Colleague: 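Below: one structure in structure tokens.
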Amino acid sequence: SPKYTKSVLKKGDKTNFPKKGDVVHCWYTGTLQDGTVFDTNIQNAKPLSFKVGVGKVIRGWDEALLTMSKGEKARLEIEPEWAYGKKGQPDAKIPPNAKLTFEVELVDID
Amino acid sequence: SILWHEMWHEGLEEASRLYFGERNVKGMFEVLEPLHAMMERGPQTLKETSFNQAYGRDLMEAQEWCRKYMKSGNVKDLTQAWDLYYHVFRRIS
Ligand SMILES: CO[C@H]1C[C@@H]2CC[C@@H](C)[C@@](O)(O2)C(=O)C(=O)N2CCCC[C@H]2C(=O)O[C@H]([C@H](C)C[C@@H]2CC[C@@H](O)[C@H](OC)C2)CC(=O)[C@H](C)/C=C(\C)[C@@H](O)[C@@H](OC)C(=O)[C@H](C)C[C@H](C)/C=C/C=C/C=C/1C
């Protein structure tokens, strides 16, 4: 009943997983169905950091990160209900009811 | 608060809630405008001066990218603006 699927591209250390309230640091690339890259923070560049499990990011990320170990690179396919839903994010070229694909690399856990 | 780091920390977070959460760019600008105006009045204390030295350039450039975005609609401009606001937010914690 999660509304995302995860495919592991590179394994993490299988030991250190983010917990609710931890700050995580990530590299990512986000794509639409046709492979359009709507954003990447991969090159001044530095990892995205946020406190996990408290709604700082879309639900698909908030839930998926708890299942990744440090160093893991994974492909996430997130259903619109756990991303931007009916409204989408027009300014960022995300349409209504869009399934989002992210490659996410978990670099560190504070 | 009258501390610039606290005023900007609260303002950036609220501005981002209004923009990303509420999809409310008008509201976002109403929160940011006073803070940028404060910067344009200039620092008046030791701590305001130190804050301006550290973050003043990044904050003014964020505003410039945002103004560029409001005429271009180009996501590149939007993202450069928020990258700078995010940077300042994280550095002041
Ligand atoms: C320059 O690039 C943008 C990110 C872009 C925006 C557009 C989207 C396509 C995208 O390209 O990211 C993207 O790829 C995406 O969908 N992302 C980013 C990577 C994590 C997954 C997802 C996301 O949730 O973004 C997030 C999504 C867009 C909005 C949030 C979704 C969850 C929802 O509950 C929140 O409601 C509030 C809003 C954006 C973020 O990851 C940033 C870090 C977090 C926030 C803005 C909020 O948590 C905010 O809450 C008030 C904060 O507490 C922050 C820390 C306050 C500071 C001052 C603001 C920093 C702003 C940083 C902005 C950044 C880096």
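Each chain gets a letter, A, B and so on, in the order its sequence line appears, and its residues count up from 1. Order of listing sets the numbers, starting from 1, for every ligand and every atom in it. Note that these values count all heavy atoms, side chains included, but never hydrogens, waters or copies made by symmetry. Quick check of the header: X-ray crystallography, 1.7 Å.
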Colleague: Not sure I'm reading this right - what drug is at ligand 1?
Modeller: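 You're looking at rapamycin.
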Colleague: Which macromolecule is the chief neighbour of rapamycin by contact count, per the PDB entry?
Modeller: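 Most heavy-atom pairs belong to Peptidyl-prolyl cis-trans isomerase FKBP3.
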Colleague: Which other chain letters have a heavy atom less than 4.0 Å from rapamycin?
Modeller: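 Going by heavy atoms, that would be A, B.
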Colleague: Hey, what does the PDB entry actually call chain B?
Modeller: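 The PDB entry names it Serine/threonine-protein kinase mTOR.
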Colleague: Is A:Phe102 close to rapamycin, meaning an N/O of one under 3.5 Å from an N/O of the other?
Modeller: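 In fact, backbone or side chain, A:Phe102 has no N or O that close.
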Colleague: For rapamycin, what is the UniProt domain of chain A harbouring most contacting residues?
Modeller: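 Mostly the UniProt domain PPIase FKBP-type.
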Colleague: Does atom 64 (C) of rapamycin have a protein non-hydrogen atom under 4.0 Å from it?
Modeller: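 No, there is none.
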Colleague: Polar contacts were defined as any N/O atom of the residue lying under 3.5 Å from an N/O atom of the ligand; does this apply to A:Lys56 and rapamycin?
Modeller: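 Checking rapamycin against A:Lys56, an N or O pair does fall under 3.5 Å apart.
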Colleague: Does B:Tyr19 come within less than 4.0 Å of rapamycin, judged by its heavy atoms?
Modeller: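 No.
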Colleague: Is it true that B:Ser16 lies under 4.0 Å from rapamycin, counting heavy atoms only?
Modeller: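 A heavy atom of B:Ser16 does come that close to rapamycin.
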Colleague: Tell me which one of B:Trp8, A:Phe38, A:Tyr28, B:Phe89 gets a heavy atom nearest to atom 57 (C) of rapamycin.
Modeller: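 Looking at heavy atoms only, B:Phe89 sits closest to atom 57 (C) of rapamycin.
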Colleague: Does rapamycin have a heavy atom under 4.0 Å from the side chain of A:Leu100, from its backbone, from both, or from neither?
Modeller: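 The answer is neither; A:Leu100 stays 4.0 Å or more away.
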Colleague: Any idea which part of A:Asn41 is under 4.0 Å from rapamycin, heavy-atom wise: side chain, backbone, both or neither?
Modeller: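 None of A:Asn41 does.
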Colleague: Please report which non-hydrogen protein atom sits nearest to atom 9 (C) of rapamycin, along with the residue it belongs to and the distance in Å to one decimal place.
Modeller: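 Of every protein heavy atom, A:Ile94 CD1, 3.4 Å lies nearest to atom 9 (C) of rapamycin.
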Colleague: Tell me whether A:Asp39 has any N or O atom under 3.5 angstrom from an N or O of rapamycin.
Modeller: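 Yes; the residue has a nitrogen or oxygen that sits under 3.5 Å from a nitrogen or oxygen of the ligand.
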Colleague: What do you reckon, does A:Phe50 put a non-hydrogen atom under 4.0 Å from rapamycin?
Modeller: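 It does not; every heavy atom stays at 4.0 Å or beyond.
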Colleague: Output yes when the distance from some N or O of rapamycin to some N or O of A:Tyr84 is under 3.5 Å, and no in every other case.
Modeller: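 It does: an N or O of A:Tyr84 is found under 3.5 Å from an N or O of rapamycin.
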Colleague: Give the single entry among B:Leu84, B:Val88, A:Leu48, A:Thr40 that approaches atom 19 (C) of rapamycin most closely by any heavy atom.
Modeller: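 Nearest option to atom 19 (C) of rapamycin, by heavy atoms: A:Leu48.
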Colleague: Could a heavy atom of A:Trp61 be found less than 4.0 Å from some atom of rapamycin?
Modeller: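 Yes, A:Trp61 has heavy atoms under 4.0 Å from rapamycin.
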Colleague: What protein heavy atom sits nearest atom 34 (O) of rapamycin, and how far off is it?
Modeller: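 Protein heavy atom at minimum distance: A:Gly55 O, 2.7 Å.
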Colleague: Using a non-hydrogen cut-off of 4.0 Å, what is the binding site of rapamycin?
Modeller: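 Non-hydrogen contacts come from A:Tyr28, A:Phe38, A:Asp39, A:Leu48, A:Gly55, A:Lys56, A:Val57, A:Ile58, A:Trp61, A:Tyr84, A:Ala92, A:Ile94, A:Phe102, B:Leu12, B:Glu13, B:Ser16, B:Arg17, B:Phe20, B:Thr79, B:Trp82, B:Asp83, B:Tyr86, B:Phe89.
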